[PDB]
Enquirer: 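Structure of ritonavir bound to Cytochrome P450 3A4 - open in front of me now.
In this entry the chain letters A, B, ... are assigned according to the order of the sequence lines. By the PDB entry numbering, chain A shows 26-260, 268-280, 288-496, in order. Going by the PDB entry, the residues shown for chain B are 26-260, 268-280, 288-496, listed in order. Counting starts at 1 for both ligands and their atoms, in listed order. Just so you know, these numbers use all the heavy atoms, side chains as well, and skip hydrogens, waters and symmetry mates.
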2 protein chains.
Amino acid sequence: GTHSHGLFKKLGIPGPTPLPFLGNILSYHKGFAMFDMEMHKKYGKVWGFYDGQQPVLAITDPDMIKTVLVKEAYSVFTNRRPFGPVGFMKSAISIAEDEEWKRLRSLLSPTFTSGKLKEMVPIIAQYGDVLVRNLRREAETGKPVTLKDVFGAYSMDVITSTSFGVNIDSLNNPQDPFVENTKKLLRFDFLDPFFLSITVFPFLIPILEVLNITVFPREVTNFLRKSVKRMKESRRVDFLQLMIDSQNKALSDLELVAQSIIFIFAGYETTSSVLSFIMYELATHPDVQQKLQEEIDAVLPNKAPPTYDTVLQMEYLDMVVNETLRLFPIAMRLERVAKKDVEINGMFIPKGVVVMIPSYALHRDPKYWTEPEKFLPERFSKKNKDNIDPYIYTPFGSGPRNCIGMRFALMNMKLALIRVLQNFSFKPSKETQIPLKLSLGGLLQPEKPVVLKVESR
Amino acid sequence: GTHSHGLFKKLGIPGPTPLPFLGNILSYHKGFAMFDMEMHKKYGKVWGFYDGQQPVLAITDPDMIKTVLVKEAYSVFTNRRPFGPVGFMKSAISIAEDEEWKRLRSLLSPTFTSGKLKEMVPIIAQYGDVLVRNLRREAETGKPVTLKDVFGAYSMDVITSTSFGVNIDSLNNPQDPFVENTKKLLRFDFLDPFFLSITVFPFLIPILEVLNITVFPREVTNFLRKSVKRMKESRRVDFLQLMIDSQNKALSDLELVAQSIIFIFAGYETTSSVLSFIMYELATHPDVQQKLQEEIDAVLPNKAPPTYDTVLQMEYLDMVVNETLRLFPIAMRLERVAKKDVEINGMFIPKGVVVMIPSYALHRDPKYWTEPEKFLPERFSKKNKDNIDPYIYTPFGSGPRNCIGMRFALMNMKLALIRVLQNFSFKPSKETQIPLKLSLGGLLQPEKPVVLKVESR
Ligand SMILES: CC(C)c1nc(CN(C)C(=O)N[C@H](C(=O)N[C@@H](Cc2ccccc2)C[C@H](O)[C@H](Cc2ccccc2)NC(=O)OCc2cncs2)C(C)C)cs1
Ligand SMILES: CC(C)c1nc(CN(C)C(=O)N[C@H](C(=O)N[C@@H](Cc2ccccc2)C[C@H](O)[C@H](Cc2ccccc2)NC(=O)OCc2cncs2)C(C)C)cs1
Ligand code: HEM
Ligand code: HEM
């Protein structure tokens, strides 16, 4: 029906007029980001819309954003927008709620410290070499390289190793039952058929749950499920034991598996998308690539192996990474649910409303960014960075619920970039789409995969 | 989703563009009839639209109409558009399908013959008087009469008596458990919340069925359910025994009850709506009322009691009744489902499509009717009637599935009119809405009830 559809009318908040049942979902025909930018330009700092019957309050005010993601996090905006059905995956940290979440966050918080992460480099760099060897091969038969595939396999390599102790050159081995299963853990597309229907029929979620149907394909999960059985363990620098030790408030077995699936995915798919986009930028801006190559050679003599401290010394590398994250956040939106009524920065918001920060739109707003469409690493130099509002630029979220893997992701990505840029230069191929276009779907991804010419140095 | 929504595109049939999930239902915001007239004027003789995902093919071609309602009735278009949930009411003749239907149609066919119907007049006329006595009272305190209430109670009186043997002046007795229950059997409004949702979620019907939820309120049905227990019977001119005799292919007990509910309703609600609309027309056209009064006095001397044959002799009465039915059909649409694929008059129609004849629109079409908006009984005189296409004018449907009660309805209505017009004249009250407006909802009914000044003669 239409019971919820008078809400934003009642509070006097502007927004697209909802259709019965569908709310505003039809506006998603060209993707979240384009919907969010259209609505932002058309309504200013705040607006409201309905996913089916679910009210969503978009906010773009930096101070209101700090309020939701930080100040009122524990007391009001503790959880993300429920999404389901998920079976045992209800226990994964990113999905968990309230006290089950804070528990898992504490339990897993020590996994991603500079110390551990420091010990993860001699591992994460051994697969630096394999990627380079792989790349050099595919650059001797000098034909276009699909970044998502080569980075994909590196990305898988790194997490399987740092989290489970499993070494596999996944690129050559697309047939290892471990490689194939994990690959199938891809990001969910919220504008796909199944998810549109489940937004317009949330009253069906509990029906799917009962039938043990899940958004996480069962074949994928069940493998990884007991896959840790003889793996955890033979009865050191591994996410696994780092979690096993936390068992003997302590972590249950089926919860532990749910954490591993969550991570496997992250260190795999997020990482490889971002890496692809950086190389795309580097390839379409040779001067930036050359300046980056010079920072790398200067900090690391004759192809010297990167270390924890050398990585962190590279300023221009940091600016490149950040500037690619500005233009291509993997999140697009950040979201919390109000467990109770709230008044924030003068705005009343009833219990159950989804408050949504549209990062993609904010990352491209003319008010906060000069020439926001352009790839300009200099935006993040020492001179200009203090300019940037930490609640406008949020590629890893903010507050107690931000990305737990942030430091690992940044590190792992830069290690990859260094090893690759030390040995190669990248250039547009004939088939490189320029300018690149993002999938009109529900994921910040290229419609056509990035392909690039790889030249040895 | 949208799987069915390419159908009419595939067959090359014009029609409003469907929205995902909703199909065209939003077009119902101003009622079926207005939707059907808009679409007819805008697409000509045939068009297609979707109720949620259900395809509906509207047809206005007289010959194509004879094809659906008559020629291909038994072989293709045997059933009406399924509608549910209905519990045991699946067994009622108007809802029954295929062979269960033809069975019930044969079994109940002899109930409505000129002979039986002839024996039903000394009964149907005894309540002629009560209505007159009631009317005279409410015309001595000369204040406006709400037709739907006075006719309503007469309408109930007549069927309770002719079908069950229950005499009750229902108007004075709105407290008899028999009166109140039956009253609650009102026509279903297809554009009401519950029915809109169930058109956009037909996959929920079987869920409602399982929970014993029905469109026929349970309290209403259960009373009438066993209400016939000590009634059928004490172990003559009554629909009841007429059905009991057919038991001892023969009619089951719970089926019999389902038939009685179906009838009770019909002889009650259809009858009283039509009677109200005729009086409205008579009141807004005094000359027609006076001519009608003169036919009646001429055929029936000094307030002489109407008989079966006298009723049928009154030509101008027939034209009035028919002309009111033209302007205000109770059906609005007629519908059949294609059980199988079919090609009709050169048009292919796949299995499962609802073929819909929009009577309200057809009854008002400038191609078939001069000044179609105007109440002109003369349209149906001996001179002009043979003009009228029997597949354009269909107030009682056509073919093997037409109104089984037609002759009883026509008779019962005319008996009422004669007894009323012999004694009174009707006139607009101050509050009479003129011109009348039909509920923008899902039923041909007045938004504001007809109220009229009743003057004794
Ligand atoms: C009500 C129902 C119809 C709904 N379902 C959904 C699910 N869909 C499609 C989403 O895109 N949901 C989004 C989401 O992914 N939230 C997520 C946190 C997040 C948000 C943005 C960017 C990065 C991480 C929270 C979810 O638990 C996801 C689900 C998941 C798990 C494994 C593999 C794939 C996917 N888990 C993760 O965080 O993935 C690991 C990652 C870690 N860091 C970056 S990605 C929300 C921001 C809306 C939304 S609404
Ligand atoms: C799929 C689902 C969502 C749907 N449900 C519906 C139900 N609704 C609201 C309707 O208006 N359905 C219509 C209908 O009433 N069909 C009907 C035949 C008919 C059609 C038009 C005019 C007169 C009789 C067939 C149904 O069985 C009705 C239902 C009913 C029973 C008792 C009391 C009230 C209502 N039974 C009757 O015929 O009522 C007794 C009458 C006899 N003569 C005139 S009315 C159809 C023409 C569409 C349509 S689609
Ligand atoms: C470039 C790569 C990555 C980006 C851009 C990224 C970004 C994000 C963002 C935006 C969020 C949501 C923050 C919020 O709601 O405020 C998030 C959550 C999360 N990320 Fe990542 N992430 C990346 C890689 C990783 C990796 C490698 C891991 C490894 C485990 C990881 C684990 C998580 C977890 C567990 C959460 C949810 C934490 C919680 O709810 O408490 N992420 N990430
Ligand atoms: C003025 C009053 C009435 C009108 C205008 C009317 C009109 C109609 C119409 C249009 C139909 C559908 C026909 C079709 O699909 O082709 C119908 C069906 C029916 N009517 Fe009536 N009707 C009236 C009164 C009655 C009465 C008093 C009864 C008494 C029992 C009755 C019993 C039925 C039945 C049983 C059906 C369905 C028959 C079947 O499916 O086989 N109707 N009517």
Enquirer: Can you help me spot every copy of ritonavir here?
Expert: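 It sits at ligands 1 and 2.
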Enquirer: I'd love to know which other chains sit under 4.0 Å from ritonavir (ligand 2), counting non-hydrogen atoms.
Expert: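 The other chains with a heavy atom that near are B.
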Enquirer: Which nucleotides or residues of neighbouring chains are within 4.0 Å of ritonavir (ligand 2) (non-hydrogen atoms)?
Expert: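 The heavy-atom binding site is B/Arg105, B/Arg106, B/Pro107, B/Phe108, B/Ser119, B/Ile120, B/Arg212, B/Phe213, B/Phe215, B/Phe220, B/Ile223, B/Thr224, B/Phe241, B/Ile301, B/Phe304, B/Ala305, B/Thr309, B/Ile369, B/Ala370, B/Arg372, B/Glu374.
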Enquirer: Does B/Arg212, backbone or side chain, put an N or O under 3.5 Å from an N or O of ritonavir (ligand 2)?
Expert: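 The answer is yes, given that B/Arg212 and ritonavir (ligand 2) share an N or O pair closer than 3.5 Å.
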Enquirer: So, looking at chain B, which of its UniProt heme-binding residues come within 4.0 Å of ritonavir (ligand 2), heavy atoms only?
Expert: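 A heavy atom under 4.0 Å occurs in no UniProt residue.
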Enquirer: I need the atoms of ritonavir (ligand 2) closer than 4.0 Å to a non-hydrogen atom of B/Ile301, numbered in the order shown.
Expert: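 By the 4.0 Å cutoff, the relevant atoms are 31 (C), 32 (C), 36 (N), 40 (C).
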Enquirer: Answer yes if a protein heavy atom lies under 4.0 Å from atom 21 (C) of ritonavir (ligand 2), otherwise answer no.
Expert: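 Within 4.0 Å: yes, protein heavy atom nearby.
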Enquirer: Provide the covalent bond partner for ritonavir (ligand 2): one residue and one atom, or none.
Expert: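 As deposited, there is no covalent site.
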Enquirer: Check ritonavir (ligand 2) against B/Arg106 and write out every atom of the ligand that is under 4.0 Å from a heavy-atom position of the residue.
Expert: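 Once the distances to B/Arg106 are compared, the set is 50 (S).
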Enquirer: State whether any protein heavy atom lies less than 4.0 Å from atom 18 (C) of ritonavir (ligand 2).
Expert: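 For atom 18 (C) of ritonavir (ligand 2) the answer is yes, since some protein heavy atom falls inside 4.0 Å.
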Enquirer: Measure from atom 10 (C) of ritonavir (ligand 2) to the protein's non-hydrogen atoms and state whether any distance is below 4.0 Å.
Expert: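 Under 4.0 Å from atom 10 (C) of ritonavir (ligand 2), zero protein heavy atoms found.
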Enquirer: In the protein, which heavy atom is nearest to atom 40 (C) of ritonavir (ligand 2), and how far is it?
Expert: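 The closest one turns out to be B/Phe304 CD2, 3.4 Å.
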Enquirer: I want to know if ritonavir (ligand 2) touches B/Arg372 in the polar sense, i.e. an N/O pair below 3.5 angstrom.
Expert: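 No: no nitrogen or oxygen of B/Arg372 is under 3.5 Å from one in ritonavir (ligand 2).
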Enquirer: Among all protein non-hydrogen atoms, which one is nearest to atom 49 (C) of ritonavir (ligand 2), and what is the separation to 0.1 Å?
Expert: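 The closest heavy atom on the protein side is B/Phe215 CD1, 3.7 Å.
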Enquirer: Report, in ascending order of atom number, the atoms of ritonavir (ligand 2) lying under 4.0 Å from any heavy atom of B/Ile223.
Expert: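 Within the 4.0 Å cut-off of B/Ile223, ritonavir (ligand 2) contributes 3 (C).
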